[PDB]
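Piperacillin (open form) bound to Peptidoglycan D,D-transpeptidase FtsI.
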Amino acid sequence: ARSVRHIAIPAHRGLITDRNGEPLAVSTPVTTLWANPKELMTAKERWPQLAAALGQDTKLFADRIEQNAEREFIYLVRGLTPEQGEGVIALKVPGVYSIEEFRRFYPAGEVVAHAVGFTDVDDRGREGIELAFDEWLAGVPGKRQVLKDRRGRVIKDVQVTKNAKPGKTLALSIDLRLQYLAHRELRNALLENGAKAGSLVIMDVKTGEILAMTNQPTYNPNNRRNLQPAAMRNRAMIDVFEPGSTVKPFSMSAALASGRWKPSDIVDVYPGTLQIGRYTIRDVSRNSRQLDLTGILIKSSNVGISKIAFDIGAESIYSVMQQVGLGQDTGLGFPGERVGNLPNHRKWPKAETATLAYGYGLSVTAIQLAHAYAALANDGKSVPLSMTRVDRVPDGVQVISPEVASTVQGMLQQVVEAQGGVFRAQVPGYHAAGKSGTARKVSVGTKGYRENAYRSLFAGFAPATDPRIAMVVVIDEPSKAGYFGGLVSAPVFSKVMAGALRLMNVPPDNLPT
Ligand SMILES: *C(=O)[C@@H](NC(=O)[C@H](NC(=O)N1CCN(CC)C(=O)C1=O)c1ccccc1)[C@@H]1N[C@@H](C(=O)O)C(C)(C)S1
């Protein structure tokens, strides 16, 4: 009984590129060699030559065919270069048949593994963009008819029943040049500092495009041999943290929007504590007795921010935070992505009101944090995020008055450049602005906080005169060269922002440096 078999024609999976066409995920053609044992049994004399061409051992190769002498089909070796396979087929060994397949290849490897993700052995998206746009990127295989004889030898390819159709191309918002830069600097910082993990997000403040998104640890998607679950996490999007002092500029925005505060107002912060109930608000830098509003950010006074918070009420703070998108849904639909949490209480005690205002009792993703800073930097206009390239600048929503936004921009520029500021965040050639942050990590195995485990943050944008990009840098558990946001994350911000701005041809607004 001889028969017509149907065989599959593999389809081309769609090309994933960066915003300028750099390929990030590509289906590369490869050759899979298969054999008809029956046909091979009639050429035993050719085996050793064949086994040596496939690099296999002669006897082990022979046992294989002998074990499967009954079958009319077995794989010899899968995934060869189109050159090698045709080299072996040129040997004319009976019973040896090739077929063109595809291998998904990631040219930038670990640089973009988190954002891009990967496919499985049957080319289904399993992680990341591969997963998220699987329908878009997948193609439909073809089918064709082959005529086989009694003993499984292929006589004729009779017809193609249906053609293969390739997937569609996807252009991301990422700029791979910025991504290369960001990845390397974040990795350096992680190693210098003895940190466990980190994230780094860069955003176009005008368009909402995610220009770069890297995390540590990472992995090579082209070789997942000894892959650990930890390394696979796109932490920027799926890991949440308490933003700490990095939310003060929004507290401060609420204050200026309340009508009850103005930049020149001075707040008494002595003695760097403020007892309320059984809980004690503390400042780290206990030097100045009184600060103006700009000095509350520069020195990052929790006490100072608390007092403003007691004046204006929680709802005015909760509401600015909500409007800049903290604890809100981004709309990206990245797999695993978290919304985070902006607590809503019926009545707001003093404690929760103060901790909210200086960044605890709420949890954000690095992506949200950057989104919020982008709104601030875009003169109070929030624009929706995109992880795909944006055709035309979208309509944004005015979430902070331009005048408040402008004022807070000036303040944050001070935080960086003023004496006693976060000088390590300065970008050569440009004026930049931003906020340091340093948060104790939450205890494992109990409520409350860890006595020696810190998360280091820096969040800012540049250029100060006309902002173009917002950036966030988050490093977990540094243990080698201090832990303050402004010692650990700010220098990373400095370098990447420098490169970023250069690589996008933004003209320097601070010729003096
Ligand atoms: C901003 O981040 C601010 N950081 C701290 O005050 C920080 N405080 C905390 O981590 N916590 C944990 C949660 N709770 C309970 C609700 C707190 O009361 C609280 O304050 C802190 C504390 C000790 C050592 C380092 C950090 C200020 N800004 C940072 C910064 O890096 O810019 C400073 C270190 C200057 S303090």
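Numbering of chain A is taken from the PDB entry, so the residues present carry the numbers 50-562, in order. Just so it is clear, the values below take in all heavy atoms, side chains as well, and ignore hydrogens, waters and symmetry mates. Counting starts at 1 for both ligands and their atoms, following the listed order.
- Around piperacillin (open form), within 4.0 Å by heavy-atom distance, are found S294, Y328, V333, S349, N351, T404, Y407, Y409, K484, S485, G486, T487, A488, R489, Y498, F533, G534.
- Structurally, the covalent attachment point of piperacillin (open form) is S294 OG.
- On a heavy-atom basis, rounded to 1 Å, the UniProt active-site residue of chain A that sits closest to piperacillin (open form) is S294, 1 Å.
- Considering backbone and side-chain N/O of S485, one or more are found under 3.5 Å from N/O of piperacillin (open form).
- At the top of the distance list for atom 4 (N) of piperacillin (open form), counting protein heavy atoms only, stands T487 O, 2.8 Å.
- In this entry, the organism cited as the source of chain A is Pseudomonas aeruginosa.
- The closest protein non-hydrogen atom to atom 3 (C) of piperacillin (open form) is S294 OG, 2.5 Å.
- Considering backbone and side-chain atoms alike, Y328 places an N or O below 3.5 Å from some N or O of piperacillin (open form).
- The closest protein non-hydrogen atom to atom 35 (C) of piperacillin (open form) is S349 CB, 4.4 Å.
- The shortest N or O to N or O distance between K348 and piperacillin (open form) is not under 3.5 Å.
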